[PDB]
Amino acid sequence: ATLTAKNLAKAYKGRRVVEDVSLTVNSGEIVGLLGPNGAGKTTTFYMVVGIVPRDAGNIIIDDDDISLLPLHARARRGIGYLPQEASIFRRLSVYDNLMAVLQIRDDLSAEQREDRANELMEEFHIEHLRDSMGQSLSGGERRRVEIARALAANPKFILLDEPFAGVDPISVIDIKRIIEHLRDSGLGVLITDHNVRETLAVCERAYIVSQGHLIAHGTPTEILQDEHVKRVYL
Ligand SMILES: CO[C@@H]1[C@@H](OC(N)=O)[C@@H](O)[C@H](Oc2ccc3c(O)c(NC(=O)c4ccc(O)c(CC=C(C)C)c4)c(=O)oc3c2C)OC1(C)C
Ligand SMILES: Nc1ncnc2c1ncn2[C@@H]1O[C@H](COP(=O)(O)OP(=O)(O)O)[C@@H](O)[C@H]1O
Ligand SMILES: [Mg+2]
């Protein structure tokens, strides 16, 4: 399956923070959207996920233009999303965090949701945290719960907004292995970072964004030799 954004644009108070951005991510690849803080990476995700109204552009899955669908209807079409900052429910257990999403899985019985919650906890190595409150977890543990919670919806694409932020060095390694596993599972993974070299290594290809504009696309090796990328990071 293919997720495509075309000619996205967004302005705040007359300032165009995203302008004419197009990108695509297919099942089974990790695609980066990388660039400085304030370049418009999150705004682009917001428009793809449906969180803020776009000023221009289209969001498409395969042959379906879903531009008019709100966030939760786009989710049913397969779009998953990891917010940039904490989004775990801070005073709900890890288990109840998973069940907040598993409760919308109409394809599952009571027992099957419990099974699926248990499988997700094993898969993401959080089963020792079942009754722990979200607030009581480290940044890395919270991150694993947040990713498991998005997967409870069974998305086809997952947009990871700076998944390494606020996570200690050891947990970063674990999140990287999670990302590879999500890709091996058939998800198209779109990931943002401002630290280009580190995240670039885990991408099959990446778009580079600067001041709301796409300036380059390529494999990591092409990006690191791209003259437009270079004249931006002089
Ligand atoms: C399956 O996920 C669902 C979502 O559904 C979809 N389709 O994504 C949606 O139903 C809901 O989505 C939420 C639910 C809660 C937050 C949430 O709590 C977030 N965090 C913040 O808003 C936030 C986090 C830190 C921070 O310093 C500030 C600044 C604002 C202040 C202090 C007022 C804000 C956030 O960005 O996204 C959130 C989102 C996307 O709950 C999920 C995540 C279980
Ligand atoms: N609601 C808003 N009102 C005004 N400016 C905003 C709003 N949301 C984001 N911005 C600004 O738009 C620019 C792009 O932000 P953002 O997409 O979050 O960047 P990043 O690339 O760091 O994810 C920044 O200058 C940010 O402060
Ligand atoms: Mg951001």
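Throughout, residue positions are numbered sequentially from 1 according to the sequence presented. Values below: all heavy atoms of this structure, side chains included; hydrogens, waters and symmetry mates excluded. Note that ligands are numbered from 1 as they come in the structure, with each ligand's atoms numbered from 1 the same way.
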Quiz item: Which macromolecule here is the main partner of ligand 1 by heavy-atom contacts, as listed in the PDB entry?
Solution: Lipopolysaccharide export system ATP-binding protein LptB
Quiz prompt | Molecule at ligand 1; choices novobiocin, tacrolimus, dilazep, foretinib | solution = novobiocin
Exercise. Flag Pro83 as yes when one of its N or O atoms lies below 3.5 Å from any N or O atom of novobiocin (ligand 1), and as no otherwise.
Key: no
Self-check item: Region of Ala152 that comes within reach of novobiocin (ligand 1) [heavy atoms, distance under 4.0 Å]
Solution: neither
Self-check item: For novobiocin (ligand 1), the portion of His72 having any non-hydrogen atom under 4.0 Å away
Solution: side chain
Practice problem: Could you list which atoms of novobiocin (ligand 1) come closer than 4.0 Å to a heavy atom of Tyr81? | Solution: 40 (C)
Quiz item: Are any of the protein's heavy atoms under 4.0 angstrom from atom 9 (C) of novobiocin (ligand 1), yes or no?
Solution: yes
Practice problem: Check each heavy atom of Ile79 against novobiocin (ligand 1) and say whether those closer than 4.0 Å belong to the side chain, the backbone, both or neither. | Solution: neither
Quiz item: Numbering the atoms of novobiocin (ligand 1) from 1, which are under 4.0 Å from a heavy atom of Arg149?
Solution: 43 (C), 44 (C)
Practice problem: Give the UniProt domain of chain A containing most of the residues in contact with novobiocin (ligand 1). | Solution: ABC transporter
Practice problem: Enumerate the residues contacting novobiocin (ligand 1) with a heavy-atom distance under 4.0 Å. | Solution: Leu71, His72, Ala75, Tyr81, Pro83, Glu85, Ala86, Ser87, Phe89, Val101, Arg149
